[PDB]
2 protein chains.
Amino acid sequence: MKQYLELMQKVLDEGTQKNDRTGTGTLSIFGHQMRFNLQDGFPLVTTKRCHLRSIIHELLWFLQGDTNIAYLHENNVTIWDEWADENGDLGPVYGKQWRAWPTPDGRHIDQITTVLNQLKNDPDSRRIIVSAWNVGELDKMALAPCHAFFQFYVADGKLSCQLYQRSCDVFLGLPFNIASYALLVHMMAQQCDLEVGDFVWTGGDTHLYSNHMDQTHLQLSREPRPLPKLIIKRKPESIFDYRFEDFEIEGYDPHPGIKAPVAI
Amino acid sequence: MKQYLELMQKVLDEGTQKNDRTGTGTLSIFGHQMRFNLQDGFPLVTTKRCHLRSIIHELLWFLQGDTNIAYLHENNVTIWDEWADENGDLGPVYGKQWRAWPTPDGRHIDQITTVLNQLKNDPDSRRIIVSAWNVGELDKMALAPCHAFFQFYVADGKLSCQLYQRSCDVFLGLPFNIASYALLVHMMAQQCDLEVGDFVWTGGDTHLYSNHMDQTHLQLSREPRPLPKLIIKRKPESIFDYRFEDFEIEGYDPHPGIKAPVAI
Ligand SMILES: CN(Cc1cnc2nc(N)nc(N)c2n1)c1ccc(C(=O)N[C@@H](CCC(=O)O)C(=O)O)cc1
Ligand SMILES: CN(Cc1cnc2nc(N)nc(N)c2n1)c1ccc(C(=O)N[C@@H](CCC(=O)O)C(=O)O)cc1
Ligand SMILES: O=c1ccn([C@H]2C[C@H](O)[C@@H](COP(=O)(O)O)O2)c(=O)[nH]1
Ligand SMILES: O=c1ccn([C@H]2C[C@H](O)[C@@H](COP(=O)(O)O)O2)c(=O)[nH]1
């Protein structure tokens, strides 16, 4: 995509060399923002083939409140294997925080449902937020949330969403992250009878790993194809009732895939 | 400031009229970002006179972990009077979350001490975050945190900071918020022997209240003057030992202040 490819070029143009947790090395910039008008098409990267099956399943898994990779495994998704323990557990990550953030007084807050109720009864609210950044539970998580905070907004009957990603692996992570959230916005809009607005992405430490340089330049030499279209074939009773089969992506003609190593 | 005035104009040109919580009505946009190179000077608005004493005392108050406006009154600061209760308390707002985030099991996390230690021991970390968005205590707060999430970053010996503000009153709140965070970066940089970098401001619902239009138009016709310079006269034993007496602003020649009512 145009915005995505411009971000890569920017990282290469004004990024600083930084050492990191993984010990790989990164080219990095701090602070960036880009907007995607969902009415223009589904933002799935076309300059390289993306695996939508894994994106959809991870999202349904998040919405279930699940943090064990069993579900992902029976659906042949292995993107989370490197961080899970002997029992397949990842700790109180995304899924748990979204559906059951623990309060100090013994309660548990379902942020997804509260957001659904806000979009319906108080769409003008400036507090329609979901956070995965639970300071008091970070030590129990296999990995600290990258996409850790997001806010919804309604205007002219359209639903918008802004995500704050503290750490961003521009080559591997980002294409997955954008499609993941664009899909959630579509599901939320269908449940609240709203049209799709903009998906605004904001990043903290936006980086490109040292071992992804050749792949990055290979992708940059490609011209983006027209954005695919998302067709939802059903309207479930709840946001938690979607199935993989309810989604149809048409007009997706990408450039060949480019393989790259993940930094654990 | 240049970029501040540009945002002010943007809200006027592209804002959507929304009936807000107060019932006053706003003109708003969703998703915006501004960068301030702190090496160029302290980002304190010159198109109108802003007062540093309220800004400085509120920040020191935050770092104390205090949530009662008693301290603020001793120093003639009244900004939190309309939201405080009969006893002067605001509930577990900013200060409490920064210094003593409560875990579900009764413990407390000192986000500021953690951040200090990360900057000093692991500067390349992509997890140097402070969050005031405690979902479990939101209902106990007099007002949900506006400037709710911030991340620090180190590169080339320079300290940068990005703040995520979910709701922003462009006229009254914004000038305060920017200067408040620019100040913290300076205190942090001094305590961690680093040079200052960029202050990145990211906003969600960025608005302009309808009863501030005349004041906005007035300010928009004033030419911005060169930015001031912040001088920290004494280096305390810790980040918690700063006093109002330690801060000085040189070369601040602003246009006269503009009065405007607050929407409670
Ligand atoms: C969201 N996710 C989890 C996750 C957790 N730790 C990480 N750690 C690093 N350093 N980078 C990541 N992107 C990453 N992301 C991902 C996303 C994509 C791939 C990945 O290998 N993607 C390939 C192949 C996808 C596939 O396996 O089918 C692609 O091009 O899409 C791995 C993990
Ligand atoms: C950061 N802060 C806290 C705070 C809490 N609730 C709010 N609620 C509303 N809607 N607006 C705010 N700006 C606001 N902000 C503020 C910021 C500015 C002023 C204020 O009135 N400031 C100057 C403004 C002077 C000027 O306009 O030039 C003054 O002394 O009157 C009050 C509280
Ligand atoms: O959805 C995701 C998950 C992870 N990452 C990346 C960010 C970092 O490259 C690495 C996590 O390392 P830390 O930032 O936690 O140190 O994984 C993404 O880009 N997207
Ligand atoms: O530091 C602050 C505190 C408050 N506000 C503003 C934002 C909104 O105008 C109002 C809070 O209202 P809600 O967004 O919670 O509705 O005060 C700021 O801009 N900055």
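The sequence lines are taken in order and lettered A, B, and onward as chains. Following the PDB entry, chain A residues are numbered 1-264, in order. Here chain B follows the PDB entry for its numbers: 1-264, in order, are the residues you see. So this one's X-ray crystallography, 1.7 Å, going by the header. Atoms within each ligand, like the ligands themselves, are counted from 1 in listed order. Values reported hereafter were calculated over all heavy atoms of this structure, with side chains retained and with hydrogens, waters and symmetry mates removed.
The drug or drug candidate at ligand 1, out of fludarabine triphosphate, tolvaptan, methotrexate, is methotrexate.
What binds methotrexate (ligand 1) most in this entry is, by the naming of the PDB entry, thymidylate synthase. In contact with methotrexate (ligand 1) at heavy-atom distances under 4.0 Å, by letter: A.
For chain A, the UniProt active-site residue nearest to methotrexate (ligand 1), measured heavy atom to heavy atom and given to 1 Å, is A:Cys146, 6 Å. Protein heavy atoms are found less than 4.0 angstrom from atom 6 (N) of methotrexate (ligand 1). Nearest-heavy-atom check against atom 24 (C) of methotrexate (ligand 1) across A:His51, A:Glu58, A:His207, A:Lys259 picks out A:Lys259. In A:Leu143, the part holding a heavy atom less than 4.0 Å from any atom of methotrexate (ligand 1) is the side chain. Taxonomically, the PDB assigns the source of chain A to Escherichia coli. The overlap between the UniProt dUMP-binding residues of chain A and the residues with a heavy atom under 4.0 Å from methotrexate (ligand 1) is A:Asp169, A:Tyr209. Residue contacts with methotrexate (ligand 1), taken as heavy atom pairs separated by less than 4.0 Å, do not involve A:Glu82 at all.
Residues touching methotrexate (ligand 1) within 4.0 Å, heavy atoms only: A:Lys48, A:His51, A:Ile79, A:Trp83, A:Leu143, A:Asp169, A:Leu172, A:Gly173, A:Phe176, A:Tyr209, A:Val262, A:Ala263.
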